[PDB]
Amino acid sequence: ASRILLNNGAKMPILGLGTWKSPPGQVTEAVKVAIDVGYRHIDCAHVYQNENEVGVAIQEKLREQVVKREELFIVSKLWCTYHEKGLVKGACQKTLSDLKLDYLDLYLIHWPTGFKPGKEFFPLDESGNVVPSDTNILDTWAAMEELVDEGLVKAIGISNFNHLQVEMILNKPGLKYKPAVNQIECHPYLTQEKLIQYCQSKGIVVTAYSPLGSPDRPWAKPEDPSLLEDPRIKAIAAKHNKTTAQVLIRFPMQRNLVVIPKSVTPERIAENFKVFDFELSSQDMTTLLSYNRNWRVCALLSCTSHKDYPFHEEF
Ligand SMILES: NC(=O)c1ccc[n+]([C@@H]2O[C@H](COP(=O)([O-])OP(=O)(O)OC[C@H]3O[C@@H](n4cnc5c(N)ncnc54)[C@H](OP(=O)(O)O)[C@@H]3O)[C@@H](O)[C@H]2O)c1
Ligand SMILES: O=C(O)Cc1nn(Cc2nc3cc(C(F)(F)F)ccc3s2)c(=O)c2ccccc12
């Protein structure tokens with residue numbers, strides 16, 4: 001099926017459009033094209049600085065009656081500088097205002113690490129270390145739970161939480177709502193078997209980000225691995241008469257993951273959606289899993305001393 005049941009009883013489309021790095025000038029048309037060709041899930045964040053322009057598209061398509069709001073699954077995320085309890089509602093309300101929505105389908109704690117509040121997204125000390133906030137993830141979660149109880153969001157979740165962090169939420173004293181989703185980096189170079197099996201065993205749906213290896217990440221280097229140019233992946237695509245990107249989006253779908261490829265290129269937006277008409281074989285799946293190398297796109301150096309940095313640990 002094209003949608004997966006979450007623990008809040010709502011259904012989530014397993015293919016969504018990513019919006020990180022989509023320039024503000026091109027993301028409105030990008031989202032329009034996406035909705036036009038089938039996408040019903042959009043992955044957003046305040047930190048991406050383009051939620052206004054995303055919302056312009058959603059609103060035009062709602063006004064145009066191309067789609068109904070109930071048919072849309074719009075995801076945003078709470079940025080690290082707003083983990084304080086007094087700041088969570090306003091952060092969510094800013095996002096809703098910019099997206100031109102009265103609710104989000106899903107609102108994630110974006111990273112487990114809280115940073116000092118201020119106008120700066122990445123407040124640093126004079127030596128380049130991120131300035132933490134003394135907020136912890138459990139209190140941030142109570143704040144997220146309040147958003148459900150106020151009708152601003154239909155589901156809450158986390159993002160970039162390791163197994164021990166997930167476990168801390170599930171084991172939170174007085175837990176009122178379990179997390180619906182954990183959104184983590186996942187592709188054939190970072191396969192996450194252990195963390196995914198842990199989350200799924202607990203009824204937490206996993207969304208895979210950077211499924212193409214985020215070739216437009218601004219810190220990419222010549223010697224980094226490249227998924228889209230991996231001849232072993234290209235061969236698998238050739239076998240199926242599909243593109244390499246199509247294989248890389250179908251791969252997580254078959255692991256019962258949600259996947260959110262980003263493009264602002266209309267022909268790639270459409271290509272990326274044409275992944276429901278073919279199957280990878282079990283052997284194809286194990287073969288792609290074998291390319292794991294624990295290679296991470298998203299793991300900023302300046303953040304490695306935060307007490308709650310999620311990637312020292314095994315998973
Ligand atoms: N939770 C978090 O911490 C977190 C972190 C990272 C990402 N995410 C979410 O996940 C989304 C996807 O990850 P991502 O943006 O890092 O990268 P991605 O989706 O792995 O890669 C996007 C890059 O691939 C290109 N591309 C897309 N389709 C292609 C195709 N069919 N053939 C060739 N190239 C193609 C895009 O180019 P064009 O755009 O020029 O077409 C862009 O350069 C984000 O945008 C964001 O919504 C969340
Ligand atoms: O955030 C996205 O969606 C994409 C994303 N990733 N990264 C790499 C990051 N690595 C982190 C590591 C931690 C850590 F938790 F590990 F400390 C905390 C926060 C971050 S941001 C960025 O620096 C970034 C900057 C602007 C907009 C989006 C991003």
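Start at 1 with the first residue, then count along the sequence. Atom set for the values below is all heavy atoms of this structure, side chains included, hydrogens, waters and symmetry mates excluded. Whatever order the structure lists ligands and atoms in, that order sets their numbers, starting from 1.
- Out of zopolrestat, flavopiridol, cefmetazole, cefixime, alpelisib, the drug or drug candidate placed at ligand 2 is zopolrestat.
- Ranked by contacts, the chain bound most extensively to zopolrestat is, in the PDB entry, Aldose reductase.
- Applying a cut-off of 4.0 Å to heavy atoms, one finds the binding site of zopolrestat to be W20, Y48, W79, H110, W111, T113, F122, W219, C298, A299, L300, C303, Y309, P310.
- At least one N/O-N/O distance between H110 and zopolrestat falls below 3.5 Å.
- Less than 4.0 angstrom separates some heavy atom of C298 from each of these atoms of zopolrestat: 6 (N).
- Below 4.0 Å from some heavy atom of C303 lie the following atoms of zopolrestat, by number and element: 13 (C), 14 (C), 17 (F).
- The distance criterion of under 3.5 Å between nitrogen or oxygen atoms is not met by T113 with respect to zopolrestat.
- Looking only at heavy atoms of the protein, atom 24 (C) of zopolrestat is closest to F122 CZ, 4.0 Å.
- The closest protein non-hydrogen atom to atom 8 (C) of zopolrestat is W219 CH2, 3.5 Å.
- Protein heavy atom nearest atom 20 (C) of zopolrestat, with residue, atom name and distance: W111 CE2, 3.3 Å.
- In this entry, the organism cited as the source of chain A is Homo sapiens.
- Looking at zopolrestat, you'll find an N or O of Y48 within less than 3.5 Å of one of its N or O atoms.
- Among the substrate-binding residues UniProt records for chain A, the set within 4.0 Å of zopolrestat by heavy-atom distance is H110.
- Within chain A, the UniProt active-site residue with the least non-hydrogen distance to zopolrestat, rounded to 1 Å, is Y48, 3 Å.
- Close approach of zopolrestat to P310 (heavy-atom distance below 4.0 Å) involves ligand atoms 14 (C), 15 (F), 16 (F).
- With a cut-off of 4.0 Å on heavy-atom distance, the UniProt-listed NADP(+)-binding residues of chain A close to zopolrestat are: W219.
- In this structure, atom 27 (C) of zopolrestat lies nearest to the protein heavy atom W20 NE1, 3.4 Å.
- With a cut-off of 4.0 Å around zopolrestat, the other ligands and ions picked up are ligand 1 (NADP nicotinamide-adenine-dinucleotide phosphate).
- Atom 10 (N) of zopolrestat has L300 N, 3.3 Å as its closest protein atom, hydrogens excluded (heavy atom only).
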Check zopolrestat for N or O atoms under 3.5 Å from a protein N or O and list each pair with its distance.
unit_1: zopolrestat; atom_1: 1 (O); unit_2: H110; atom_2: NE2; d: 3.2
unit_1: zopolrestat; atom_1: 1 (O); unit_2: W111; atom_2: NE1; d: 3.0
unit_1: zopolrestat; atom_1: 3 (O); unit_2: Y48; atom_2: OH; d: 2.7
unit_1: zopolrestat; atom_1: 3 (O); unit_2: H110; atom_2: NE2; d: 2.7
unit_1: zopolrestat; atom_1: 10 (N); unit_2: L300; atom_2: N; d: 3.3

